[PDB]
Protein chains: 2
Amino acid sequence: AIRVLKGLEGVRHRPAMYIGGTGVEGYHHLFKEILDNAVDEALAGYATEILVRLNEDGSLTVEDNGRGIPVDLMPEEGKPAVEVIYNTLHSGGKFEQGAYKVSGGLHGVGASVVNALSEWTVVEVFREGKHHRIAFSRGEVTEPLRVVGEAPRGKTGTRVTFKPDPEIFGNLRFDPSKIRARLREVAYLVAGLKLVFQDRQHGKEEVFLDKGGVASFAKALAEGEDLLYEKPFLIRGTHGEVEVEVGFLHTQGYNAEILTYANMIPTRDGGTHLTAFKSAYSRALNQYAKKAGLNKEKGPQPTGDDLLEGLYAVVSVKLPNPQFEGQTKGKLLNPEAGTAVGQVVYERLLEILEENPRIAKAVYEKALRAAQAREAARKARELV
Amino acid sequence: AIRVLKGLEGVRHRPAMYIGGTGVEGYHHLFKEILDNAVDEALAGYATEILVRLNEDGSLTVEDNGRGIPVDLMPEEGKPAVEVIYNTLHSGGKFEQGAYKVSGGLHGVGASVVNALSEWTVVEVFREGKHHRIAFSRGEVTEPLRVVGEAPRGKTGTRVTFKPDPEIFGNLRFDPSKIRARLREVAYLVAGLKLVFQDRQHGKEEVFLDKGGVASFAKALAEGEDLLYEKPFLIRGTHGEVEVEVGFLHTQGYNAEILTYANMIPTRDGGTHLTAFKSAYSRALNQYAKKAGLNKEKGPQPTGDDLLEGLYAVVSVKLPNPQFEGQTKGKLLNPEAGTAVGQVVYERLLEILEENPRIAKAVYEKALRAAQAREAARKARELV
Ligand SMILES: CO[C@@H]1[C@@H](OC(N)=O)[C@@H](O)[C@H](Oc2ccc3c(O)c(NC(=O)c4ccc(O)c(CC=C(C)C)c4)c(=O)oc3c2C)OC1(C)C
Ligand SMILES: CO[C@@H]1[C@@H](OC(N)=O)[C@@H](O)[C@H](Oc2ccc3c(O)c(NC(=O)c4ccc(O)c(CC=C(C)C)c4)c(=O)oc3c2C)OC1(C)C
C-alpha cells in the first residue's frame, strides 16, 4: 500500500499538495506561476513587456520581453537548460540570487509543476538569433528542443503556452476576470511594467501600465468614494536590502483599506512591514501636528482606528530571503522589513506633511473628528 | 550553473520553501509535523495517548501508542518501510485513504522533511512484539534498522526523538508555551485523546485531555467573562463523508470569537464550513424565535453581527480531499463541508432551542439588545 513518487510523479499523484486544490483556484495558480516566471525577468531588469493571451482552444500564452530561457546543454543531465527547468521538480543555483523575485508560488521554479499538471505545454525561446521550441505533456518531453526558425529584430524572450490537464481539472476554463485582476495588481506593484491581456475568444484586449504604481493602486482602492485630495502620495525608498514602496490617499468617507505586499505576493495577515507602516505613519502625524500646533487640550487624536478612518494605502516591500508564518505566504516576519518601512516612511512622511500643510491639517482634523465619533458611540452603546 | 536537487537535497538547499522560514515559526513546524503523524493514529482509531517530552539537550520526543510504523521490507526499494518514510521526499499510496488525516503538513508524509532538517533523529517502533530502532542525520541513515529487544508489555507504537539542525536554525530551542498551546488545541479537536507534555528542562508535567471536545474549547475561549449559561452546547453529526463537531456558548459580554478547523488545522479565513455555520445558526435561531413568538415588532430587526455578539463557538470538520485556496490554506472550499455543517447544525440547533426555551429566548433577546445598541451608536455618530 506504499510507493515512492519520484520527481513530477508526486505532483500528479497529489495535485492539491502543490496548488491547494483541483478547483478554480488551483487551475488559476498555474497561470499565476507562469506569469510570475515572466514577472521575475522584469524584476531583474530585462523584461519591459508581458503578454498574457487566452487562446480560442482554452490554452493560455504568456510571452515576455526577457532574455529567453537558456537552451544550452547542462553537462550533468545531458539536456538543454530549458528542458531541465520544466522537467525536474526542483532545480536551483546562484541564478536564484542577484535580483528580487516573486515569492510564494509553486515548488522550486514552479514551471515544472505547471507542466506536470498540464495536458500539454509549449515553450518557445527567442535567443541568440533563433526561435527555439520544446513541447511537453504531463511532465514529459513530447518534442525535444529544436530550432523552428530565426528570430526577427533583436528579439529575445520566452513564450509559454499551456493547457491545464482536464484529467485533473475537469471542464474548467480560464476566467478573464481573474487573469485581469492579477495583471492589474502586477502593473501596480512593478510601475512601468506593461502587461497586455488578449482574450482571442471575445477579441478583447486590455493594457495594464501605471507609472504611478502603488500610489495609483491606493487611489484605485477608493474608486467609488469622495477624495480629500485627488493626488495620492508616493513614498519610495531603499533601506539595506529592502526596497520600499508606499502609496496612500484619504477620502472624506469613513471606510478604510490597507493592502500589504512582500515580493509581489499579498500578505493578508500583514506582518513586520504593516506594523512598521502604521507605527511610522502614527509617529509622523502626531509629531508634525504638535510641532505645527494642530493639537489643543491634548485631545485623543490617535488610537490607531482614528487614523485609519478614510485611509486608503498600499505598502509593498521587496527583500531577499523572505520569512513567512508558514508555507511561504500569509504574514511577513523579517525584522529588517519592519526597519526599512518604518525608516523610509517616517522621514518621508514628515517632509510630505510639512510641504503639504493644508492637507496635513485636513487629515489630522479628520482623525480628531473620528476619535470624537468613537467616543459618542461608546457612551451611547454603554447606556442601554 | 544550474543544479538539479534530488529528493531531500532540495529541502536542505531551501528550507523556507518547505517550512516558511528558518526562525522560530519554522522550527516549531517540525514539532507540529511529528505530532501530526502521531495524531493521525488517533484519528484512525488506534491511538489514545501521545507523549511529547522536551529533553534537556534540546531534542524533542514524541511517542504514540498507535500501530507503530511498519518495519517490513518494501520490495520496490529494498529497505524497511520506516526507513523509506523517513528518507524519501514523497512516499504515498492506499494508506493515505485509510481514514481522516491532519491536513496541511509538510511535503508528503512530512516526517522526511523533519529528518532532513534535523542534525539527528531516532525512530523507535514497538510492533509485533519487538522494539525496533533506526537512526538518521540530516536526511540520511546513520544506524540501520535493528531489533534492540522485546516490546515492553507487548505495546505497539512509535517514538520519535529529533533535534532541529543547528546549521539551519542557529541556537533556537523549542518553546514549551507553543507546544502546550498546540497540545491544548489538539486535545479539544480530538475529544478523548490524551496528550502529555513533559518539559524535562524545567522538570514539568502536564495533561491535556477533554471529553467535552469542541464544546469545552468554546467555553475556555470565553474564560474571564460571565456566561449566559455555564454549560456549553455540543452539536455532532456525520453527513456524507464529512464529520462535523460544533461547540458554542454565550456570554453576557459583548465580545465574540469564532474559530473554525478543517482536518485539525485552523482555517483563519473561514470557508464553506464557517459560512454554512452562520447561515444554519441564523436560520435556526430566527425560525425558532418566530415559532415560539419572540420576534417583537416594537423595535429593530436582528441581523448578522448582532446575533454573533457574546457568542463563542468552534466549528470543526473532518473530510477527505480537502480543498483550500492554495497558498497557506486559509479558506476551505469544499461545497460538501458547507452542506454538512448546514444540515447537521440547523437541525440539531432546532432541537437545542426547543429543549432549552429559557436559554433560547435569552439568546434572542441578547440579539435584540445588540440590534438597538448598534442603531444607537449609528445615530450618535451621524450626529457627530
Ligand atoms: C521559468 O523559467 C524562468 C525564467 O522565465 C522567463 N519567462 O523568462 C525567469 O524567471 C528566470 O530566467 C532566467 C534566470 C536566470 C538567467 C541567467 O542566469 C542568465 N544568465 C546566463 O548568462 C546564463 C546563460 C546560459 C545558461 O545556461 C545559464 C544557466 C541556466 C539557467 C539560469 C536556466 C545562465 C540568462 O541568460 O537567463 C536567465 C533567465 C532567462 O528563471 C527561470 C529560468 C526559472
Ligand atoms: C511517519 O509515519 C506515519 C505514522 O505515525 C505513527 N507514529 O504511527 C502515521 O501517521 C501513519 O501510520 C500508519 C499508516 C498506515 C498504516 C497501515 O495501513 C497499516 N496497515 C498494514 O496492515 C500494513 C502492514 C505493513 C505495511 O508495510 C503497510 C504499509 C506501509 C506503511 C503504512 C508505511 C501496511 C499499519 O499497520 O500501520 C500504519 C501506520 C502506522 O502514517 C505514517 C506511516 C506516514
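Chain labels are A, B, C, ... in exactly the order the sequence lines appear. The PDB entry numbering applies to chain A: residues 9-392, in that order. Using the numbering of the PDB entry, the residues shown for chain B are 9-392, in order. Ligands are counted one by one from 1 in listed order, and the atoms in each one are counted from 1 as well.
- Among all chains, the one with more heavy-atom contacts to ligand 2 than any other is, according to the PDB entry, DNA gyrase subunit B.
- At ligand 2, the PDB records name the drug as novobiocin.
- In contact with novobiocin (ligand 2) at heavy-atom distances under 4.0 Å, by letter: A, B.
- Applying a heavy-atom cut-off of 4.0 Å to novobiocin (ligand 2) picks out A/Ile10, B/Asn45, B/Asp48, B/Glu49, B/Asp72, B/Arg75, B/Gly76, B/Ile77, B/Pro78, B/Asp80, B/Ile93, B/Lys102, B/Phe103, B/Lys109, B/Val117, B/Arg135, B/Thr166.
- Less than 4.0 angstrom separates some heavy atom of B/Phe103 from each of these atoms of novobiocin (ligand 2): 15 (C).
- The source field of the entry for chain B reads Thermus thermophilus.
- Close contacts of novobiocin (ligand 2) with B/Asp72, meaning ligand atoms under 4.0 Å from a residue heavy atom, involve 6 (C), 7 (N), 8 (O).
- Within a 4.0 Å radius of atom 12 (O) of novobiocin (ligand 2), the protein contributes at least one heavy atom.
- Looking at atom 14 (C) of novobiocin (ligand 2), its nearest protein heavy atom turns out to be B/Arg75 NH2, 3.8 Å.
- Ranking protein heavy atoms by distance to atom 27 (O) of novobiocin (ligand 2), first place goes to B/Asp80 OD1, 2.8 Å.
- Scanning the protein heavy atoms around atom 28 (C) of novobiocin (ligand 2), the nearest turns out to be B/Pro78 CG, 3.9 Å.
- Taking every heavy atom of B/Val117 and a limit of under 4.0 angstrom, the matching atoms of novobiocin (ligand 2) come to 1 (C), 44 (C).
- Of the protein's heavy atoms, B/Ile77 CD1, 3.5 Å lies nearest to atom 1 (C) of novobiocin (ligand 2).
- Set against the non-hydrogen atoms of B/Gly76, the atoms of novobiocin (ligand 2) under 4.0 Å away are 40 (C).
- Remark: novobiocin (ligand 2) atoms within the under-4.0 Å shell around heavy atoms of B/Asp48 are 10 (O).
- Any N or O atom pair closer than 3.5 Å counts here, and B/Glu49 shares at least one such pair with novobiocin (ligand 2).
- Closest to atom 10 (O) of novobiocin (ligand 2) among all protein heavy atoms lies B/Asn45 O, 2.7 Å.
- Here is the list of novobiocin (ligand 2) atoms found below 4.0 Å of a heavy atom in B/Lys102: 18 (O).
- The closest protein non-hydrogen atom to atom 21 (C) of novobiocin (ligand 2) is B/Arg135 NH2, 4.5 Å.
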Report all N/O contacts between novobiocin (ligand 2) and the protein shorter than 3.5 Å as a table of atom names and distances to 0.1 Å; if there are none, say 'none'.
from	atom 1	to	atom 2	distance (Å)
novobiocin (ligand 2)	5 (O)	B/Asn45	O	3.4
novobiocin (ligand 2)	7 (N)	B/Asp72	OD2	2.6
novobiocin (ligand 2)	7 (N)	B/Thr166	OG1	3.3
novobiocin (ligand 2)	10 (O)	B/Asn45	O	2.7
novobiocin (ligand 2)	12 (O)	B/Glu49	OE2	3.0
novobiocin (ligand 2)	18 (O)	B/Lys102	NZ	3.4
novobiocin (ligand 2)	27 (O)	B/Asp80	OD1	2.8
novobiocin (ligand 2)	27 (O)	B/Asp80	OD2	3.3
novobiocin (ligand 2)	36 (O)	B/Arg135	NH1	3.2
novobiocin (ligand 2)	36 (O)	B/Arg135	NH2	2.9

